[PDB]
Peer 1: 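I'd like to talk through a structure of 1-deoxynojirimycin bound to Beta-glucosidase A.
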Amino acid sequence: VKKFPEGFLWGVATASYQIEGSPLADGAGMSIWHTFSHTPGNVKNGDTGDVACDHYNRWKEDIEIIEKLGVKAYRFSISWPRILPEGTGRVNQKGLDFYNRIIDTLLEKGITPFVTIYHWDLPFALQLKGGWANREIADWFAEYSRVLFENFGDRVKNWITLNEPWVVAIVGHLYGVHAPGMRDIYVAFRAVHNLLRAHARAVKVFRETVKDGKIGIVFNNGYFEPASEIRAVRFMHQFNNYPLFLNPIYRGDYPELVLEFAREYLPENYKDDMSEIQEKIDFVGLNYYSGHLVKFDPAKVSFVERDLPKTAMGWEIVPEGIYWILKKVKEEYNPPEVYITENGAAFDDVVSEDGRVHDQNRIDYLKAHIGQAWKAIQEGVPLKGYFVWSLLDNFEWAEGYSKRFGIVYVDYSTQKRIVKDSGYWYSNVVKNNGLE
Ligand SMILES: OC[C@H]1NC[C@H](O)[C@@H](O)[C@@H]1O
């Protein structure tokens, strides 16, 4: 048996645009993911977030599922454009009402809300003004955060500024694969820097407004391994993983190898912001899915395909990664608290004739990673919680509905939810506070 500490937080996680649908209901402004997915060629099968899981109407059902599974925490995000349809200025009471009902319901049912303030659905109005490229987004983000803290900070006490700011910056603004779909490296690194400045301004506002809660930030992380016998691994870790952001937050500069590669792309006087960026945070959130074999390649980095089980994303399954990254964050920055804020897998789920989804592959994946997380706890990592991505099959960004990450299956023709074997399994882990 592998039992977790008392009070350890078992959660599931979603994001607004991936599940809600009704992106323009009740006065909401367009987000950059509305406009990006309605642009031909950007998302697989022409999929959009217009309907998704219809969580906008079905929220009560979905939460009742969380309750019924005895899951203790729900990580969800708020749609900035539902709250402030032009990004700044006017506040939309019906947007506040929607999340208010969700929050109050969670608290009634004894589930701890973890709110992601930004999970990628930037108001379109602000993209017109440059979005993450514009230094002014630090103010816009502060104002938005303020509104949330003022309206919800009486009940929500666990907050996350940004989800995966590397993805926001690099995949949105260099690769052009995510909204706003840009391919400019100088824009991409100004977005990195402004994400940090916006994150830090929101923390500062938080200290002024919600004097009894906790705030952190979530990073994507891969477990990079070298193809032979190492510096490419070093760069990938410093660039793709938490150090890009944590080195500024804890040490006041970007990591060495990031500067080696990217100095020319950062603002000239970027160091002038670093003291503000060092605003103290309460926890680090790490997302982790996959491992990668890496080699130098005259980026100067390429991936090497390996044997190894893969998911439907083609991501290699390497459970020891989650242990490595947990050990590595403690070793490198020693944050007071850590959460695994996302871990999960996409498989080609089928509803069997018995009416059930026999996702033994997802159970195996989750089990292995939870065991590795447990190990890190035994070896001193202050892991306070673990969140499964995702509660529901949902809109998987540029992959559309073709990648199912849920522990609950969604039949999109009817919106029926069918708890998967992995969900039932996870429920028992939560009840038991660990593996048996
Ligand atoms: O790709 C899987 C998962 N990765 C991390 C992102 O937070 C989430 O939105 C996405 O669905």
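Residue numbering for chain A follows the PDB entry, covering 3-231, 236-304, 308-445 in order. For this deposited structure, the header notes the method as X-ray crystallography, 2.1 Å. Atoms within a ligand are numbered from 1 in the order they appear, just like the ligands themselves.
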Peer 1: What are the atoms of 1-deoxynojirimycin (ligand 1), with element, lying closer than 4.0 Å to any heavy atom of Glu351?
Peer 2: 3 (C), 4 (N), 5 (C), 6 (C), 7 (O), 8 (C)
Peer 1: Quick one: does 1-deoxynojirimycin (ligand 1) sit under 4.0 Å from the side chain of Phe404, the backbone, both or neither, non-hydrogen atoms only?
Peer 2: neither
Peer 1: Examine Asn165 against 1-deoxynojirimycin (ligand 1) and note whether any of their N/O atoms are separated by less than 3.5 Å.
Peer 2: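 There is such a contact, yes.
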Peer 1: Which of the atoms of 1-deoxynojirimycin (ligand 1) are close to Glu405, meaning less than 4.0 Å from one of its heavy atoms?
Peer 2: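 The list of qualifying atoms is 1 (O), 2 (C), 10 (C), 11 (O).
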Peer 1: Considering only heavy atoms, which of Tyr295, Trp324, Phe414 lies nearest to atom 3 (C) of 1-deoxynojirimycin (ligand 1)?
Peer 2: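 Considering heavy atoms of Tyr295, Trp324, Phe414, the nearest to atom 3 (C) of 1-deoxynojirimycin (ligand 1) sits in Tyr295.
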Peer 1: Which species does the entry list for chain A?
Peer 2: Thermotoga maritima
Peer 1: Where's the contact between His121 and 1-deoxynojirimycin (ligand 1), heavy-atom distance under 4.0 Å: side chain, backbone, both or neither?
Peer 2: side chain
Peer 1: Between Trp406 and 1-deoxynojirimycin (ligand 1), is there a nitrogen or oxygen pair with a distance under 3.5 Å?
Peer 2: yes
Peer 1: Does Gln20 approach 1-deoxynojirimycin (ligand 1) within less than 4.0 angstrom via side chain, backbone, both or neither, non-hydrogen atoms only?
Peer 2: side chain
Peer 1: Identify the binding-site residues of 1-deoxynojirimycin (ligand 1) at 4.0 Å, heavy atoms only.
Peer 2: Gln20, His121, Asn165, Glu166, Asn293, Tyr295, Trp324, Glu351, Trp398, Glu405, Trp406, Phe414
